[PDB]
Amino acid sequence: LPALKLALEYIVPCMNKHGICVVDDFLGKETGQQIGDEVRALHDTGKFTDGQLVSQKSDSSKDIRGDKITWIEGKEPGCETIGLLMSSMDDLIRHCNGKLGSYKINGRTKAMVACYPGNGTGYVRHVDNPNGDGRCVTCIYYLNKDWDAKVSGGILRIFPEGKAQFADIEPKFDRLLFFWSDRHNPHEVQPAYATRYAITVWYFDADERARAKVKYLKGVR
Ligand SMILES: O=C(O)CNC(=O)c1nc(Cl)c2ccccc2c1O
Ligand SMILES: [Mn+2]
């Protein structure tokens, strides 16, 4: 499906109505599996961190660590299909220009690849950008073949602002997710009991990012 059609007929109206949008079968099986192979190779070759320190025990060998990350630019050897994913995300956002709220996206982060190792850790409730740092859209791509949350957990639970309900999103293979990064969307990752991979990119709003430079100072003489 052409990126522009997906953007105009789905992403734009969904984001303006719900602020949370799911695209299944984004890249297709072949490409999705190649991305999975690249992420697994990063893991198997030691490129991820050891994981977020969750619980400190008196014996440090018993410390519990959770999500593991690595930052990816997309041109690294062994990462070019991740790069292709990022370019595909960028093309979608570009086709949405000037239609996602009143935001004007002019840049993004590198990709944050995350691995929940399957040891019952998740991620606490949080907002991605609560303090005006420039990030307006979160884009996540999931890689987990035959993920079944009733068995393996790892649901992303989002709590759209001022709603008596939440939205549970399974981290399914070849699924792409968009949501507003600010306080519209507090969210959490429920405990994961199998290896769970995702790739996140954040897109910046031009105005917010420009004035974030002021708030968070950059020196000339
Ligand atoms: O993986 C998901 O479905 C949702 N994950 C997150 O919301 C998430 N958010 C943040 Cl800000 C971080 C931040 C650092 C490491 C992992 C994160 C993460 O998985
Ligand atoms: Mn988050």
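Here the PDB entry sets the residue numbers for chain A, with the shown residues being 188-404, 408-411 in order. Just follow the structure's listing: the first ligand is 1, and inside any ligand the first atom is 1. Hydrogens, waters and symmetry mates play no part in the numbers below; they use all other heavy atoms, side chains included.
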Drug name for ligand 1: FG-2216
I'd love to know the main binding partner of FG-2216 (ligand 1) in this entry - how is it named in UniProt? Egl nine homolog 1
I'm curious what other ligands or ions sit under 4.0 Å from FG-2216 (ligand 1). Any? ligand 2 (manganese (II) ion)
For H374, the FG-2216 (ligand 1) atoms whose distance to one of its heavy atoms is below 4.0 Å: 7 (O)
If you map the residues of chain A that touch FG-2216 (ligand 1) onto UniProt domains, which domain comes out on top? Fe2OG dioxygenase
Can you pull the source organism for chain A from the entry for me? Homo sapiens
Can you pull out the closest protein heavy atom to atom 13 (C) of FG-2216 (ligand 1)? Residue, atom name and distance to 0.1 Å, please. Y310 OH, 3.4 Å
Just want to see if FG-2216 (ligand 1) lands near the annotated pocket: which residues UniProt lists as binding 2-oxoglutarate in chain A have a heavy atom under 4.0 Å from it? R383
Output the list of atoms in FG-2216 (ligand 1) that are nearer than 4.0 Å to some heavy atom of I256, sorted by atom number. 15 (C)
State if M299 counts as touching FG-2216 (ligand 1) under the rule of any non-hydrogen atom under 4.0 Å. yes
Any of the residues UniProt assigns to Fe cation binding in chain A within less than 4.0 Å of FG-2216 (ligand 1)? Only heavy atoms count, please. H313, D315, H374
Using a 4.0 Å cutoff against the non-hydrogen atoms of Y303, which atoms of FG-2216 (ligand 1) qualify? 18 (C), 19 (O)
Nearest protein heavy-atom contact for atom 8 (C) of FG-2216 (ligand 1): which residue, which atom, what distance? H313 NE2, 4.0 Å
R383 to FG-2216 (ligand 1), any heavy atom closer than 4.0 Å: yes
Against heavy atoms of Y329, which atoms of FG-2216 (ligand 1) measure under 4.0 Å? 2 (C), 3 (O)
Protein contact of atom 15 (C) of FG-2216 (ligand 1) - nearest heavy atom, named by residue and atom, plus distance: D254 OD2, 3.1 Å
Can you check which residues touch FG-2216 (ligand 1) if I set the heavy-atom cut-off to 4.0 Å? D254, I256, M299, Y303, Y310, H313, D315, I327, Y329, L343, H374, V376, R383
Please produce the table of protein N or O atoms sitting under 3.5 Å from N or O atoms belonging to FG-2216 (ligand 1), one pair a line, distance to 0.1 Å.
| from | atom 1 | to | atom 2 | distance (Å) |
| --- | --- | --- | --- | --- |
| FG-2216 (ligand 1) | 1 (O) | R383 | NH1 | 2.8 |
| FG-2216 (ligand 1) | 3 (O) | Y329 | OH | 2.7 |
| FG-2216 (ligand 1) | 3 (O) | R383 | NH2 | 2.8 |
| FG-2216 (ligand 1) | 7 (O) | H313 | NE2 | 3.4 |
| FG-2216 (ligand 1) | 7 (O) | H374 | NE2 | 2.9 |
| FG-2216 (ligand 1) | 9 (N) | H313 | NE2 | 3.1 |
| FG-2216 (ligand 1) | 19 (O) | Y303 | OH | 2.6 |

